[PDB]
**Q** 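This PDB file has darunavir in it.
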Number of protein chains: 2
Amino acid sequence: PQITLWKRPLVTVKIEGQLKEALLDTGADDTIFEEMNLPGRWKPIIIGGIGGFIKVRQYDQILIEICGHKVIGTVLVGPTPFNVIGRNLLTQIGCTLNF
Amino acid sequence: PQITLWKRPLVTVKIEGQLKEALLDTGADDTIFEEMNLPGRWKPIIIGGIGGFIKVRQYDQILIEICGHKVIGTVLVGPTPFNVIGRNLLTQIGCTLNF
Ligand SMILES: CC(C)CN(C[C@@H](O)[C@H](Cc1ccccc1)NC(=O)O[C@H]1CO[C@H]2OCC[C@H]21)S(=O)(=O)c1ccc(N)cc1
């Protein structure tokens, strides 16, 4: 689908049987989510953004279904004010910016 | 132009005679830049991100030239680690996400 930018690019995602809206963020290298449980072992990491840094739990090989499209990749879990889909996953769906 | 997301969507920008690379950020409501002087008065404001908050000087009706396209709108100046082009300006060029 084509998405304009007059409103926040929210999309519903299915991840670990959980339904959530997520922000298609081209400014995000990686995908981070609010607190929720996921499969496998994880590494603690710190990510930097506007205003400072936050500690998050790093998880690899996470299944997310995004607007009917399937993807697997790294998903970080931490105190983000919003769920964002970063570029690590936007690529796999062939998402592009266009103007 | 069509832009893939395997690398950061950086673009060269011209703003107040200054050349700058900026991040096309669909996760950014507004456009912010690192410290720089711009003409006229400004209002102090606070913006929120993943790491926390920062105070920035708000300027309205700012001319920015982006990859050959011209736009005018609000541009904030503050301690961002990167210059980002938020949705307040991404719309005016008719930028869209596509997958
Ligand atoms: C700091 C930059 C490199 C931009 N980043 C993504 C960006 O889209 C954030 C994503 C974002 C969105 C909402 C809240 C926090 C962070 N946008 C943002 O900070 O927006 C603020 C300026 O315009 C306003 O719009 C809303 C918040 C304000 S980031 O959050 O820090 C980031 C960096 C690395 C990763 N892996 C994931 C996210």
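The first sequence line is chain A, the next is chain B, and the lettering continues from there. Heads up, chain A uses the PDB entry numbers, so what you see runs 1-99. Following the PDB entry, chain B residues are numbered 1-99, in order. Quick check of the header: X-ray crystallography, 2.1 Å. In listed order, ligands and their atoms are each counted from 1.
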**Q** Which numbered ligands or lettered chains belong to darunavir?
**A**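 The drug sits at ligand 1.
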**Q** For darunavir in this structure, which bound macromolecule has the most atom pairs within 4.5 Å, going by the PDB entry?
**A**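 The chain with more contacts than any other is Protease NL4-3.
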**Q** Name every other chain with any non-hydrogen atom less than 4.0 Å from darunavir.
**A**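 Chains with a heavy atom that near darunavir: A, B.
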**Q** For chain B, which organism does the PDB list?
**A**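 According to the entry, Human immunodeficiency virus 1.
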**Q** Which darunavir atoms, with their elements, are less than 4.0 angstrom from a heavy-atom of B/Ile50?
**A**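 Within the 4.0 Å cut-off of B/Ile50, darunavir contributes 15 (C), 16 (C), 30 (O), 38 (C).
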**Q** Is darunavir less than 4.0 angstrom away from at least one heavy atom of B/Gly51?
**A**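 Judged by the 4.0 Å heavy-atom criterion, B/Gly51 does not count as contacting darunavir.
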**Q** Would B/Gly86 count as a contact residue for darunavir, given that I'm defining contact as a non-hydrogen atom of the residue lying under 4.0 Å from a ligand atom?
**A**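 In this structure, B/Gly86 fails to qualify as a contact of darunavir - no heavy atom is under 4.0 Å.
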**Q** If the contact criterion is a heavy-atom separation under 4.0 Å, does A/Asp25 count as touching darunavir?
**A**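 Distance cut 4.0 Å: A/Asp25 passes for darunavir.
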**Q** Within the structure, is a non-hydrogen atom of B/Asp30 found at a distance of less than 4.0 Å from darunavir?
**A**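 Per 4.0 Å heavy-atom rule, B/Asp30 contacts darunavir.
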**Q** I'd like to know if A/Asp29 contacts darunavir, where contact means a heavy-atom distance under 4.0 Å to any ligand atom.
**A**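 In this structure, A/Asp29 qualifies as a contact of darunavir - some heavy atom is under 4.0 Å.
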**Q** Does darunavir have any atom that is closer than 4.0 Å to a heavy atom of A/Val84?
**A**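 It does not; every heavy atom stays at 4.0 Å or beyond.
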**Q** Which chain residues come within 4.0 Å of darunavir, judged by heavy atoms?
**A**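 With heavy atoms under 4.0 Å, it is A/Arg8, A/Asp25, A/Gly27, A/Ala28, A/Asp29, A/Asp30, A/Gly48, A/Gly49, A/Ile50, A/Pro81, B/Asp25, B/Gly27, B/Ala28, B/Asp29, B/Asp30, B/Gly48, B/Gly49, B/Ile50, B/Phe82.
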